[PDB]
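Drug on board: grazoprevir.
Along the sequence shown, residues are numbered consecutively beginning with 1. All ligand and atom numbering here is 1-based and tracks the order in the structure.
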Amino acid sequence: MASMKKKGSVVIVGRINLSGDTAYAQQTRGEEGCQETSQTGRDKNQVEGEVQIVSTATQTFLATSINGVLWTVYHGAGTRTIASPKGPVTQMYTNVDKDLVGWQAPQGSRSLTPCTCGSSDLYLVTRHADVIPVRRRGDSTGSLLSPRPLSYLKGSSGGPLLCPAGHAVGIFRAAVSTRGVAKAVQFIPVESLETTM
Ligand SMILES: C=C[C@@H]1C[C@]1(NC(=O)[C@@H]1C[C@@H]2CN1C(=O)[C@H](C(C)(C)C)NC(=O)O[C@@H]1C[C@H]1CCCCCc1nc3ccc(OC)cc3nc1O2)C(=O)NS(=O)(=O)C1CC1
Ligand SMILES: [Zn+2]
């Protein structure tokens, strides 16, 4: 019981840059470094942007900042802390029934704003910065306009689904697939984010 360990913190290893001409993923911490920043929690690298790429010692996914909170998904993060300059940081929101968790948006970062103009055709940002047209077919669901394998959507949970203007409509959570070809998607409607707040 003395020779016991603890599940390290979630570490920011990069970001999906969207603030210019094109969308592209940037790496900020290697694998050997992330394996350490998760064991300590002391993350010195400053934060920029809205969509961050996060990793645990065994998995990797995304996290989106909205209304001043860095949201992600529970099945990737769990109750883990996040590495901040001032050590680990406890989540200020945890709802397993929704598969949702959140930390205070670190400084130096920007937080999207919920879309209030009614989203019709959404755009899903993937782990590899790809922007995939989604046709909102529900309140938390959206069919894909172009079919592609599930393998290109794995590790994208916690990412954003965006208005044509760029506001946030939800948080990619699960995928609807048949025969290995993803046909639709589901997300956490940003209104439920507000309700949790
Ligand atoms: C392909 C990419 C896809 C975005 C990803 N999401 C998933 O794979 C989720 C995880 C799990 C199964 N998922 C699915 O998408 C399934 C699957 C058949 C597997 C495609 N699809 C599906 O159900 O269709 C039905 C409409 C949905 C409604 C019913 C499902 C409800 C969703 C859900 N809620 C909870 C609450 C609490 C929990 O505690 C442990 C756990 C949960 N797990 C869940 O779904 C992803 O990349 N993750 S990740 O980044 O690689 C990860 C390593 C970090
Ligand atoms: Zn909008």
_Help me out: which ligand numbers or chain letters belong to grazoprevir?_
ligand 1
* Asked: If you rank chains by how many heavy-atom contacts each makes with grazoprevir (ligand 1), which has the most, and what name does UniProt give it?
  -> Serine protease/helicase NS3
Q) Which UniProt active-site residue from chain A sits closest to grazoprevir (ligand 1), and what is the minimum distance between non-hydrogen atoms, to the nearest 1 Å? A) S157, 3 Å
Check your understanding: Which single UniProt domain of chain A covers most of the interface with grazoprevir (ligand 1)?
Key -> Peptidase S29
Exercise. What makes up the binding site of grazoprevir (ligand 1) if contacts are defined by heavy atoms under 4.0 Å?
Worked result: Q59, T60, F61, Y74, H75, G76, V96, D99, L150, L153, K154, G155, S156, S157, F172, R173, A174, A175, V176, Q186
